[PDB]
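So, a structure with varespladib in it.
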2 protein chains.
Amino acid sequence: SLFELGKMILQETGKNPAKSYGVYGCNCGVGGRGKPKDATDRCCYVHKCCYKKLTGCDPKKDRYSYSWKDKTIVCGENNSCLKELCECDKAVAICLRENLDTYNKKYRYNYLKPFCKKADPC
Amino acid sequence: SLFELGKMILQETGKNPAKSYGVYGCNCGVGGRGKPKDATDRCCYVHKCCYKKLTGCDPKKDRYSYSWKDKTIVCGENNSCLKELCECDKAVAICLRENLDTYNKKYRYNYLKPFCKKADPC
Ligand SMILES: CCc1c(C(=O)C(N)=O)c2c(OCC(=O)O)cccc2n1Cc1ccccc1
Ligand SMILES: CCc1c(C(=O)C(N)=O)c2c(OCC(=O)O)cccc2n1Cc1ccccc1
């Protein structure tokens, strides 16, 4: 679900998910994928490519369970579709955390998103 | 295409179309439709509904020709899909101009688009 994804991004990056990443670059938030603009954008590219491989579940709405073992996000069992989905959300939240220092606020509100260059079908 | 649409919006409103409207409200720019926030937003809602009926061409990518008869945008060669595409774009550019008196910069970069209340069927 969008609300579990936002929780993980807030806990991993310390930033508000919607404001800092909701319109970021060519891949983060609304819209689809495009030529990634930096490391942070590449994370959202892989995450959207991750979402594309889910067959029988709705990433935006279908909820899932997850827990925290020390600093590690643990995805609880709940069908392979929701497991991979939690693993997609864990992946992007860790990814955004790992590349915080290359975050660039000049791509935060990318109002040229539809004019991004084409990308590959994942 | 988006190139002709942006040209119309610039000519009618005098504003940078991508910066001013690319992420505006719940309906303008990248993303889908949602509960409109104001009159400018409702222009984009109507325009997206207009695009929905163009099942025979690509509204974002397919180029077309237009010109001006005095102060009225005149859409050219009646290729059925491309003619109606041009008319969709002319309608929103005039709608945006006529509603500049309530344009709200607070909605310009709506990073909360995915949390907009769902819209009615077109
Ligand atoms: C990176 C943050 C992100 C997405 C990403 O992680 C991303 N890959 O862009 C994403 C998104 O992507 C999934 C998809 O397109 O279906 C769709 C919509 C919003 C999206 N926010 C912003 C957000 C997430 C959670 C709570 C509040 C705001
Ligand atoms: C309101 C302006 C607008 C769209 C609208 O007119 C609107 N109805 O939102 C729209 C758009 O809409 C079509 C759709 O979503 O399929 C999609 C993508 C960008 C869109 N920009 C911004 C823009 C348009 C043209 C040139 C440069 C920027």
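Naming: A, B, ... by sequence-line order, numbering from 1 per chain. Looking at the header, which is where the method is noted, we find X-ray crystallography, 1.7 Å. One-based numbering, in listed order, for ligands and for the atoms of each. Side chains included, hydrogens not; waters and symmetry mates left out as well; all remaining heavy atoms used.
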ask   = Every copy considered, what are the ligand or chain positions of varespladib?
value = ligands 1 and 2
Worksheet item: Of all chains near varespladib (ligand 1), which one has the greatest contact count, and what is it called in the PDB entry?
Response: Basic phospholipase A2 homolog 2
With a 4.0 Å cut-off on heavy-atom distances, which other chains neighbour varespladib (ligand 1)? A, B
### Message
Looking only at distances, can you tell me whether any N or O atom of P17(A), backbone or side chain, sits closer than 3.5 Å to an N or O atom of varespladib (ligand 1)?
### Response
no
- request: Look up the source organism of chain A in the entry and report it.
  value: Bothrops moojeni
### Task
Mark up the atoms of varespladib (ligand 1) that fall under 4.0 Å of a heavy atom belonging to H47(A), in ascending order.
5 (C), 6 (O), 7 (C), 8 (N)
Practice item. Indicate the covalent partner of varespladib (ligand 1) (residue plus atom), or none if absent. Key: none
Which bit of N27(A) is near varespladib (ligand 1), meaning a heavy atom under 4.0 Å away: side chain, backbone, both or neither? backbone
Practice task
Would you mind finding which of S20(A), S1(A), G25(A), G29(A) brings a heavy atom closest to atom 9 (O) of varespladib (ligand 1)?
Solution key: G29(A)
Within the structure, is a non-hydrogen atom of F115(B) found at a distance of less than 4.0 Å from varespladib (ligand 1)?
yes
### Message
With a cutoff of 4.0 Å, is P59(A) in contact with varespladib (ligand 1), counting heavy atoms of the residue only?
### Response
no
Problem - Ligand-residue contact atoms, varespladib (ligand 1) with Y21(A), heavy atoms, under 4.0 Å - result: 1 (C), 2 (C)
Inset, instruction - Enumerate the residues contacting varespladib (ligand 1) with a heavy-atom distance under 4.0 Å. - result: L2(A), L5(A), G6(A), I9(A), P17(A), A18(A), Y21(A), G22(A), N27(A), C28(A), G29(A), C44(A), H47(A), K48(A), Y51(A), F115(B)
